[PDB]
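Entry featuring avibactam (bound form).
Note that chain A carries the PDB entry numbering, so the residues on display, from first to last, are 60-309. Values below: all heavy atoms of this structure, side chains included; hydrogens, waters and symmetry mates excluded. Order of listing sets the numbers, starting from 1, for every ligand and every atom in it.
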Amino acid sequence: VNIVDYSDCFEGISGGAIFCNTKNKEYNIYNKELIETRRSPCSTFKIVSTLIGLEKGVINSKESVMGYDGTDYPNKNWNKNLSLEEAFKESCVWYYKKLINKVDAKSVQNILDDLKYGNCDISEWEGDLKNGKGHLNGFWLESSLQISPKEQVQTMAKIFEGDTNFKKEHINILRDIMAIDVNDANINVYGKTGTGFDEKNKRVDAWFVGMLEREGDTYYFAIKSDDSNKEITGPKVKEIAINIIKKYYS
Ligand SMILES: *C(=O)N1C[C@H](NOS(=O)(=O)O)CC[C@H]1C(N)=O
């Protein structure tokens, strides 16, 4: 366990980072207190919900569709019968809500328990209804389910090192759709952003979680901001993570 200083890359935004190489158990941590604090995963839960849907047969391939019903949405790309790969890349809420609502709660509870997915609390299944967004809500979006950045990294490692019961075929679909292009052919980066606002603490939950492969070494990582500035989003935190990877992990 190495405590490190990545503040240069955070460019004044409050947050922390953890990178872990499980082959030589090296654990690089910036802002340990934040890295150990559980927060709503927000859209980073799509990593796990994709695997749940694949395992239960609700979806089967990166082509699979959820039967778009014509409902009007402000994001252009949500207004079509999009595939798993597009719904993941566009963070299409209706697709992933329809997906998860086809799965019984006990199956979800047992998968989260097996993964040690934070507090594994799905009690508020329908999410944070007081925000007025109705069916665009769920237990994983600023609601009952909470996970720390360290736990995210531990979950990512278990999945992608092949230590869960999920099918290898399904792991590879998720690998495929999380691949990121960082304009550096010598590292393979995979990840997913998440964005939420913690109304109780008046701080953002801005995430970028994933993994990095560079010549034999694999690093599992989670970068997290808790800034009070509402302009700090998951996409912004992904920028920060990419700066860290290029400066320290190239
Ligand atoms: C997930 O966190 N969400 C879905 C969507 N995409 O977020 S992301 O750009 O950080 O991946 C919008 C924000 C958020 C939500 N409001 O549900």
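- Tallying contacts with avibactam (bound form), the largest count belongs to the chain named in the PDB entry as Beta-lactamase.
- In this structure, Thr292 does not count as a contact residue of avibactam (bound form), since none of its heavy atoms falls inside 4.0 Å of the ligand.
- Within the 4.0 Å heavy-atom cutoff, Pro294 counts among the residues contacting avibactam (bound form).
- Residue contact check: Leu200 has heavy atoms under 4.0 Å from atoms 17 (O) of avibactam (bound form).
- Taking a distance limit of 4.0 Å, we find that atom 12 (C) of avibactam (bound form) is approached by no protein heavy atom.
- Nearest non-hydrogen protein atom to atom 14 (C) of avibactam (bound form) is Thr254 O, 3.3 Å.
- Distances from atom 4 (C) of avibactam (bound form) to the heavy atoms of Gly253, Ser99, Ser102, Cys151 put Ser102 nearest.
- With respect to atom 16 (N) of avibactam (bound form), the closest heavy atom belonging to the protein is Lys192 NZ, 4.0 Å.
- The entry models a covalent bond from avibactam (bound form) to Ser102 OG.
- Of all the atoms in avibactam (bound form), the ones that sit under 4.0 Å from a non-hydrogen atom of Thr252 are 8 (S), 9 (O), 10 (O), 11 (O).
- Each of the atoms 2 (O) of avibactam (bound form) lies under 4.0 Å from some heavy atom of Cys101.
- Atoms of avibactam (bound form) lying under 4.0 Å from at least one heavy atom of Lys251, given by number and element, are 11 (O).
- The residues lying within 4.0 Å of avibactam (bound form), counted on heavy atoms, are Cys101, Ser102, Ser150, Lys192, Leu200, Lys251, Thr252, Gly253, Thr254, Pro294.
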